[PDB]
Protein chains: 2
Amino acid sequence: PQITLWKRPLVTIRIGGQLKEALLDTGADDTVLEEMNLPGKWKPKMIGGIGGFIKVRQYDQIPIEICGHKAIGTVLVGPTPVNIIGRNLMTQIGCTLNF
Amino acid sequence: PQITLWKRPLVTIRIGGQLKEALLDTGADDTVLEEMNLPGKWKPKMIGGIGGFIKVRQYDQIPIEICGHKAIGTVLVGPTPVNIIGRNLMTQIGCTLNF
Ligand SMILES: CC(C)CN(C[C@@H](O)[C@H](Cc1ccccc1)NC(=O)O[C@H]1CO[C@H]2OCC[C@H]21)S(=O)(=O)c1ccc(N)cc1
């Protein structure tokens with residue numbers, strides 16, 4: 001689809017058979033989701049945002065379906081103000097900015 | 001143009017005598033620029049992201065040129081680590097997300 005920006009670009013995602021709302025975030029290198037359980041091994045990591053650094057759990061090769069478009073990649077789980085889909089996954093689903 | 005998300009979507013913006021590199025950021029409601037001493041009335045605000053909040057100065061009706069495209073609107077100014085072009089000005093230069 002084409003998504004305009006007068007409203008937040010919130011989309012429904014599917015991850016582990018759960019439906020969640022996430023923000024398509026072109027300013028985010030990484031995908032960061034609110035606290036949730038994901039299976040498999042994870043690595044402790046730290047990332048920085050506008051307000052400082054947080055601790056996250058890094059899960060690799062996680063499938064997420066974003067508006068029915070399939071991605072498989074790295075998901076960070078931790079204290080984010082909102083679920084955000086970053087460039088790592090937006091690139092996989094073919095997302096570009098256009099003006 | 002079409003801006004790839006393989007890399008951070010940095011573009012050149014102008015605000016007065018200053019040329020800056022700024023992210024086209026769909027996850028940012030409002031434009032926030034690195035510390036600079038703009039003229040005019042402003043109001044204090046706190047904006048929040050990953051890591052917590054920063055204090056900013058909200059200036060209204062500030063003209064900014066984004067890759068040659070004219071915009072005018074709210075510009076938040078404060079100790080952000082990166083210059084961010086938010087939705088408020090992206091809409092004005094015709095910017096959509098597409099996949
Ligand atoms: C988290 C969002 C809901 C809001 N953020 C915009 C976001 O695009 C920032 C924009 C951003 C970018 C770099 C540094 C600080 C903020 N990105 C960000 O935190 O991404 C993190 C996840 O991937 C990593 O890559 C970049 C930092 C990490 S925000 O910067 O906090 C923000 C909040 C409010 C406004 N008005 C403007 C910006």
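Within every chain, numbering begins at 1; the chains are lettered A, B, ... in the order of the sequence lines, protein sequences first and strands thereafter. These numbers come from the heavy atoms of this one structure, side chains and all, not from hydrogens, waters or symmetry mates. When a ligand or atom number is given, it counts from 1 through the structure's own listing order.
The name recorded for the drug at ligand 1 is darunavir. Per the PDB entry, the macromolecule in most contact with darunavir (ligand 1) is aspartyl protease. Other chains reaching under 4.0 Å from darunavir (ligand 1) with at least one heavy atom: A, B. Using a 4.0 Å heavy-atom cut-off, the binding site of darunavir (ligand 1) is formed by A:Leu23, A:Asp25, A:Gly27, A:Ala28, A:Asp29, A:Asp30, A:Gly48, A:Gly49, A:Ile50, A:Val82, B:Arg8, B:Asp25, B:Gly27, B:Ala28, B:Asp30, B:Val32, B:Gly48, B:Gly49, B:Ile50, B:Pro81, B:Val82, B:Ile84.
Looking at atom 25 (O) of darunavir (ligand 1), its nearest protein heavy atom turns out to be A:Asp29 N, 3.0 Å. Here the heavy atom of the protein found nearest to atom 18 (C) of darunavir (ligand 1) is A:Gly27 O, 4.1 Å.
By the 3.5 Å distance cut-off applied to N or O atoms, B:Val82 is not counted among the residues near darunavir (ligand 1). Among all protein heavy atoms, the one lying closest to atom 38 (C) of darunavir (ligand 1) is B:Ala28 CB, 3.7 Å.
As deposited, the model links darunavir (ligand 1) by no covalent bond to any chain.
Protein heavy atom in closest approach to atom 28 (C) of darunavir (ligand 1): A:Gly48 O, 3.2 Å.
Per the entry, the organism of origin for chain A is Human immunodeficiency virus 1. For darunavir (ligand 1) and B:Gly49, the ligand atoms under 4.0 Å from any heavy atom of the residue are 31 (O).
What sits closest to atom 16 (C) of darunavir (ligand 1) on the protein, heavy atoms only, is A:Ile50 N, 3.8 Å.
Against a heavy-atom cut-off of under 4.0 Å, B:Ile84 is close to the following atoms of darunavir (ligand 1): 10 (C), 30 (O). Regarding atom 1 (C) of darunavir (ligand 1), its nearest protein heavy-atom neighbour is A:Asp25 OD2, 4.0 Å. Residue B:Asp30 places at least one N or O, backbone or side chain, under 3.5 Å from an N or O of darunavir (ligand 1).
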